[PDB]
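Drug present: PF-3463275.
Residue numbering for chain A follows the PDB entry; the residues present correspond to positions 44-182, 202-614, in that order. Start at 1 and go down the list; that is how both ligands and their atoms are numbered.
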Amino acid sequence: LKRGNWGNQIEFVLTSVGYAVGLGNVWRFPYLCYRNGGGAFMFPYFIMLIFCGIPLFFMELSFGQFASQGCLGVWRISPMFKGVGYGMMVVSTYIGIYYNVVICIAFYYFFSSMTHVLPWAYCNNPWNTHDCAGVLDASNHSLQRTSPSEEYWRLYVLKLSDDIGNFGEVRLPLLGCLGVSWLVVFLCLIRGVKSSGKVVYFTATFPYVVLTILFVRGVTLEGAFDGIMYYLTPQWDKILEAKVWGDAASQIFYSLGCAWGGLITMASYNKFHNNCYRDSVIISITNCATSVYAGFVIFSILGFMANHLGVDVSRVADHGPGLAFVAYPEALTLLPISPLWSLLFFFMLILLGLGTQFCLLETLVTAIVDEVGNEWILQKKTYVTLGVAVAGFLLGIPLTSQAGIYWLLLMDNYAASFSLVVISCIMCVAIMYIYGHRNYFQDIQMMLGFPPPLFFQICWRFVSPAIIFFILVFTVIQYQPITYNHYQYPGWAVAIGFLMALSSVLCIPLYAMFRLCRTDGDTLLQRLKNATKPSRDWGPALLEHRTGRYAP
Ligand SMILES: CN1C[C@@H]2[C@H](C1)[C@@H]2CN(Cc1ccc(F)c(Cl)c1)C(=O)c1cn(C)cn1
């Protein structure tokens, strides 16, 4: 009742868009599009969005909107797969631990960019080496190809270590930046005025303005003409191979943030009679448009750098933090007034990270609150938020150590790759195959006011589970040990990452022991029949909305 509602649908749309658009749309998508064929890769991309992304997004949004309960509540349909919700928390923990750290790094790149002359531009500093031949050097990759930005990142932002067990003194600037980031998130998420409602306006709109300013500065007369023909070229003969289709499906699934407790949490707070069908296609379209726009803004300046360096664009191209912190800044430093575009870029990165961390902390907080929901624990939601924030800050300290980025990449690659796919597959199977497709269809028709579109039904029953199984199989078949620029992680890392992935994957089958022998456990067929039929509680979480068929 007093859980609160959005009050304005624009608020929900903006918060959801801010969560959907993450840092992946900045570095992961442009390089993937460049590497995976060429400008034709959009055809495997958007088609997947039509058949994989939008249906799953609609499923999650309708699930949350009708359930009117958090990450754990939505699973009151079958009180056996509730552990899936538990898993949806655990992954939401891991990302929430290693997302802020990235923000932390970006935060350290924000204040350091307020100086008159950029610190990662000139090789006259005392942390340089003999291999600092940079472009702005007026006064062994191939021969000495170590740009000053990479040197600054490797030697001053965090002193990289050789092994993984080498843990030196913690990086004090990174500790301070992580503390500032966590404090900002908590102070915004106080719910004293709103559940980050009227503060998600700026954090969800300003990144678009910054991207627009960057685009106008990057498509002016700079020589960045052969910087878009390498991103908008018709390499049609690279759509036959299954690898590009698998990568497109993976990007569609991971970029949209499906099935880790993000969409469900803020879909729960929605009013019941909300056109969630309109509220899913719109957000998916904005996410894809943002990815496309980022594919232009970065690559324009990358082509400018390629022209100024006398090399082709393929020489300068990175997939993750390499593009964010050492490739893009080394190109931004060459503009006539650099520490304004650099400031805008880092501010936009901070805003994009916050747009997702807000939702992650909301998901964890609302799950914890709704699990033990009484008139006591709803009165002190802010205290729970403070406790979870301090726990996240304390747990994230080792990731700002000398070997922080190794563990960051390990957690990114392992802890939230298999578990997401498995969780989504299990939820998709259970929702319309264990509970029933027709019951869910009439349930959706109850809330939307119209039957679901004739295409979404056949996409839910057939196309979406098949695509999820396909991406699972492609992930299983395509696997290589996680490696840095040049480093092979020993067992101390691969085994640990496997254990972290299992700590979320196995969370589902471990719930099967909570169904004790009291629930008619013997005669296994009867026990399976029970503990999965919806109880007297599942349904709309309000009165005057029973509509006869629910609780006469
Ligand atoms: C594999 N991952 C897991 C997970 C995906 C891809 C989510 C995190 N990532 C990228 C990322 C964050 C920090 C990193 F250090 C690196 Cl390497 C990558 C997002 O972009 C994102 C997506 N949504 C919906 C919100 N954020």
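- The chain forming the most contacts with PF-3463275 in this entry appears in UniProt as Sodium- and chloride-dependent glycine transporter 1.
- Using a 4.0 Å heavy-atom cut-off, the binding site of PF-3463275 is formed by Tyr62, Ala63, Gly65, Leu66, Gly67, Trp70, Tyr141, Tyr142, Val145, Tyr316, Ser317, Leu318, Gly319, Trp322, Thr418, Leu470, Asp474, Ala478.
- In the structure, the transmembrane segments of chain A that UniProt numbers from the N terminus and that bring a heavy atom under 4.0 Å from PF-3463275 are 1, 3, 6, 9, 10.
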